[PDB]
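Bound complex of Peptidoglycan D,D-transpeptidase FtsI and zidebactam (bound form).
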Amino acid sequence: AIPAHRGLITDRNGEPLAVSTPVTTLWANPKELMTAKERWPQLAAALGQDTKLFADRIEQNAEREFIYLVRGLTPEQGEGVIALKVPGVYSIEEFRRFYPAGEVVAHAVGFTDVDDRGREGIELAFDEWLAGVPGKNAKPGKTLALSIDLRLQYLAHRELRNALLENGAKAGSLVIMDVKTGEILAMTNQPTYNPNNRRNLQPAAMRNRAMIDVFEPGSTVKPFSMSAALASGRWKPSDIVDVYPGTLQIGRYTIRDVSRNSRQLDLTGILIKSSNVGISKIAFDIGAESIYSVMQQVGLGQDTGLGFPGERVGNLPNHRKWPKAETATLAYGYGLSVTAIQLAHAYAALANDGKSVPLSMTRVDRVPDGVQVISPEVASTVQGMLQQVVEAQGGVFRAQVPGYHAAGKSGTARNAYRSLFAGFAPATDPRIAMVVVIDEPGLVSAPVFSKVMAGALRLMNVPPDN
Ligand SMILES: *C(=O)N1C[C@H](NOS(=O)(=O)O)CC[C@H]1C(=O)NNC(=O)[C@@H]1CCCNC1
């Protein structure tokens, strides 16, 4: 077994994320060591090992011809412990993984085990491509450029970490997507870990929250309920719903708005004020089937096909016939469960004039053809409405991106609550879709969207549209 050089992983711009570095691995023929017992303690000492346990190991493996002394000394360390000239103690040239970017891309990149086999993230998902084959000569693995832009990953990392301090939040995730190419430009979770130093790792730090944390998305799916309304042929943006007095009794169940200073709202109005009553009334009119079908088409509670280890799917229940309560709770985003990634993919499809491009964690050179999941006119209309949610008076002013026109929706996700913002920018010719998730910290995640989106657009040289 002559181990193969494992393929380099870079960011989209070639910055190194996972590098296999030549290390030395001392191994021993025990049967040949049992003849030079007087050398053992010099050997043990140079391996910073206890003489008795070193000896006890060797003694008990007397009838075996292979054991590992130390795995992965530097070039000149392993050469010092072979210059002692101990009988039965030979050299192997091996490869150790180093992660130059560390904490910043830990969850995305993942890491290899003691064998240099993929254990988490991209290192596992692309193991066959990255590994090559052992020596027959050893054929080296192949280079992999990720979709991640390390400039955007660091900006996203920095800003989510800050926002978690201010709000005394213990966890969160942030996803950034290219709405045109389906590329994940940034995926960051907190807490994070350094994959270079893996002794005592709190298992909550290992959780890739963007891909495994499932939640009811709440008010962030209203734009998709609105898309279904505009495609029904029964609703235009300027049509009015009466939401007074901000409550609605469903037989026994009672729906309450957070803001109840409204009678007549147009369809834009229902999104600015985020009226559960307004969206429920529309939902009764068009039926839950139209809402289910839009949500399914944009990939909520659906397999993302990233083939990424651990990635959860959530659940979008096909009740086939919905009573009035299940109709309302689906329309304002309880009664389904989704990941941050699914929700950013859905928003990407909306931002890209209703065309869903398949998700990619790898650099996309030739973009695959999208699928038209929402008609281009409906998608253009809902973009206009979500621009008003950020821009208009009463709106989420703290999501405004100075220089650009941003579009988006806040929500509270669900037991345990997360603060959510989902949006895209620029509103005129959308480039980036973003989802922010902050655990049990409306106006928490929205300022992060603002700061990270301002940086991302400038880092991608998107001309200001305002
Ligand atoms: C959205 O997630 N909503 C709608 C509303 N305002 O949204 S926002 O803060 O402007 O983004 C209020 C918060 C949230 C919501 O609906 N929360 N709770 C509900 O009313 C449901 C009642 C049933 C149990 N929890 C959900």
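Index from 1, following the sequence. Remember, it's 1-based here, ligands and their atoms both numbered in the order they're listed. According to its header, this structure was worked out by X-ray crystallography, 2.5 Å.
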Quiz item: Within 4.0 Å of zidebactam (bound form), heavy atoms only, which residues of other chains turn up?
Solution: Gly218, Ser219, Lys222, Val258, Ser274, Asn276, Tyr334, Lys409, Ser410, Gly411, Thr412
Quiz item: Does an N or O anywhere in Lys222 fall below 3.5 Å from an N or O of zidebactam (bound form)?
Solution: no
Quiz item: Covalent bond partner of zidebactam (bound form): which residue and atom, if any?
Solution: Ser219 OG
Quiz prompt | Geometric N/O contact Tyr417 with zidebactam (bound form), under 3.5 angstrom | solution = no
Practice problem: Return yes or no for this condition: an N or O of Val258 is under 3.5 Å from an N or O of zidebactam (bound form). | Solution: no
Quiz item: Hey, is atom 23 (C) of zidebactam (bound form) under 4.0 Å from any protein heavy atom?
Solution: no
Quiz item: Which residue annotated by UniProt as active site in chain A is the nearest to zidebactam (bound form), and what is the rounded (1 Å) heavy-atom distance?
Solution: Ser219, 1 Å
Quiz item: Could an N or O of zidebactam (bound form) be found under 3.5 Å from any N or O of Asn276, whether backbone or side chain?
Solution: yes
Quiz prompt | atom 17 (N) of zidebactam (bound form) - nearest protein heavy atom and its distance | solution = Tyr334 OH, 3.6 Å
Quiz item: Among protein heavy atoms, which sits nearest to atom 10 (O) of zidebactam (bound form), and what does the distance come to when rounded to 0.1 Å?
Solution: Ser410 OG, 3.6 Å
Quiz prompt | Top protein contact for atom 13 (C) of zidebactam (bound form), by heavy-atom distance | solution = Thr412 OG1, 4.1 Å
Quiz prompt | Protein non-hydrogen atom below 4.0 angstrom of atom 4 (C) of zidebactam (bound form) present | solution = yes
Quiz item: Taking only heavy atoms of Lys409, which atoms of zidebactam (bound form) are found under 4.0 Å from at least one of them?
Solution: 11 (O)
